[PDB]
Amino acid sequence: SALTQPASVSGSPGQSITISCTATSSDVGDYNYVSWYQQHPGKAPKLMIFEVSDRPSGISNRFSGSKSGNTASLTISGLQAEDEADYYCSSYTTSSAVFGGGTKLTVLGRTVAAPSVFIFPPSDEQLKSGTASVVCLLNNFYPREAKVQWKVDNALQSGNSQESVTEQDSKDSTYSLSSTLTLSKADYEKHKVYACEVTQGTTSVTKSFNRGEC
Amino acid sequence: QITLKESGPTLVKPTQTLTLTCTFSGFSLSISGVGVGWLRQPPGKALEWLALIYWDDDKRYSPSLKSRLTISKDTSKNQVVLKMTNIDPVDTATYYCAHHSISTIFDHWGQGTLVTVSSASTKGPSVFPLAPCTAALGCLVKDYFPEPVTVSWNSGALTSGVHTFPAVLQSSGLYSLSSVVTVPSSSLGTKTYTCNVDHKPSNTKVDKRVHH
Amino acid sequence: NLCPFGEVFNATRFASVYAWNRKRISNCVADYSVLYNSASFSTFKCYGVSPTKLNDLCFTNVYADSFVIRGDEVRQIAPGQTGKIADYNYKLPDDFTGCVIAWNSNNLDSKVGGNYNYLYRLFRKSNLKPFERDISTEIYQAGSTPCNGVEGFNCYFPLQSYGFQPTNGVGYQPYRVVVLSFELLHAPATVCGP
Ligand SMILES: *[C@@H]1O[C@H](CO)[C@@H](O)[C@H](O)[C@H]1NC(C)=O
């Protein structure tokens, strides 16, 4: 909103990565107070960098901050597995303490595994009740980053779906994800083609069904 | 050491007022340049600042939520209270309280307190089959309250290749989740698959047979 | 016997420029070595004395004046200057003997959404005389109609707030100022260096 960050960044152990934070407006003024937070799952945010480049006591020297104009950057050198977390930048506007949208950082610990994709139409039993749920399953993939887009008669959907991810598999490190599209029975009966498009790197896989044919 | 801890109700209904308290120690909220902030994080979403109170009782609020927010301090009790009126389902989030200085913005955050906003009373789940038009089968466990449900397959004999997704609180105030299992297309005609959904809060058990 | 310089420079609360504070410093050893060792100060200007020979000078009396102004107004804390501060808040004499020390205090005196605690006198009938203090809150009668203690057209309040924002550039950030006045009378000295 007031600050923009890439949704995700990835690297391999030992490498350096950079996360940007661009101020979208003049409201940040001089943009001197820029803080960076590391957030591990289920944990509280942790201050890594403050005032663009200062490091609190106890924070590794692998984390560094800098700024060029309206863009602040967090650089992490000698990337380690424990560095995989959400990173948020923060600053001030003339009225508020603002945050960027967050950047999920991935430290690759194994090879890329492409998801096996499945589409599930709503059951007839659910339709009687006035609601249709269309589910898309992304099975056993790596890394976590995947873009899932719903298309109904080729029209891109927005605001009517929710994603859910399992914990990393203890043996092979894969993730699984479900995306559920929720429509009313009337809206579901207005269209024919239901498709779920899954993008991972250079590949997009669309699995689809035609309503009425199942 | 500077420590901050949130406390308050875990469940509130829409239109009600949410009252959260922050109990701090290791510092004084009297010394100049010191403040205490209240922030929140909706599940899977970004951090968002709500309110802030300074050593001198000067109060700052998020302009878009100012009409519903009220911050206060009690120097004697070491507490900072945030009140949020006319609560709405979109207010379900982990609420954090943190130490403020201009230089750091926020440091020494509390562990957080997940606050759920729902009007729902206890409700057992509806179980729908997940079948296509190596195969994948499953069950959609929809509209239950409160958490949790447990899911098993073939009374616990089928554990290999089972993915039971965590629950998500829908806009209705009810939870939902899917459980899937990857099966072979060769054995899907002789072997059958049943998901066993248990929802102890409402003493409801559902066994759904899924046809390949 | 060390002079209480820490009680002035390291004070928790600083005064608004219009109601500037004064501490008389007497009968003590002024170690300016503590102030020369501090990298916090972005202004150290002496008048009628040398900063290097300050640890050698002896004075009958010393006065430490302290307050907060904007960074671009620090130039006004010098002899012979003009502006809202030099004219209506804190005036230095032309024959000034002393030092002016200032340092950025954005980390303490700025607030989210602005800090409005600090005030400055915006209006006054006449300019202040060297070391004159005016803390009056009487309504300024800019026009001809009598105000009678009420605010209205051409009847303004004499004080105005600074509103320090953490988003401001270095020149618009708050600065904590200490002004040292050196009295060299034809009488024995009470303040000497090491
Ligand atoms: C103010 O305190 C700091 C330490 O917090 C010290 O470095 C500095 O010298 C003190 N100032 C004076 C005038 O003693």
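In this entry the chain letters A, B, ... are assigned according to the order of the sequence lines. The PDB entry numbering applies to chain A: residues 3-216, in that order. Following the PDB entry, chain B residues are numbered 1-133, 141-219, in order. The PDB entry numbering applies to chain C: residues 334-527, in that order.
- Here, the main chain in contact with chains A and B is recorded in UniProt as Spike protein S1.
- The name recorded for the drug at chains A and B is LY-CoV1404.
- Mapped onto UniProt domains, most residues of chain C near LY-CoV1404 (chains A and B) sit in BetaCoV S1-CTD.
- Measured with cut-off 4.5 Å, the chain of LY-CoV1404 (chains A and B) with the most heavy-atom pairs against chain C is chain B.
- Counting only non-hydrogen atoms within 4.5 Å, the epitope of LY-CoV1404 (chains A and B) on chain C consists of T345(C), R346(C), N439(C), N440(C), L441(C), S443(C), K444(C), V445(C), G446(C), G447(C), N448(C), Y449(C), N450(C), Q498(C), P499(C), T500(C), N501(C), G502(C), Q506(C), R509(C).
- Heavy atoms of LY-CoV1404 (chains A and B) come within 4.5 Å of chain C at residues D29(A), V30(A), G31(A), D32(A), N34(A), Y35(A), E53(A), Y94(A), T95(A), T96(A), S97(A), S98(A), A99(A), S30(B), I31(B), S32(B), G33(B), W49(B), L52(B), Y54(B), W55(B), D56(B), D58(B), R60(B), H100(B), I102(B), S103(B).
- As listed in the entry, the molecule name for chain A is LY-CoV1404 Fab light chain.
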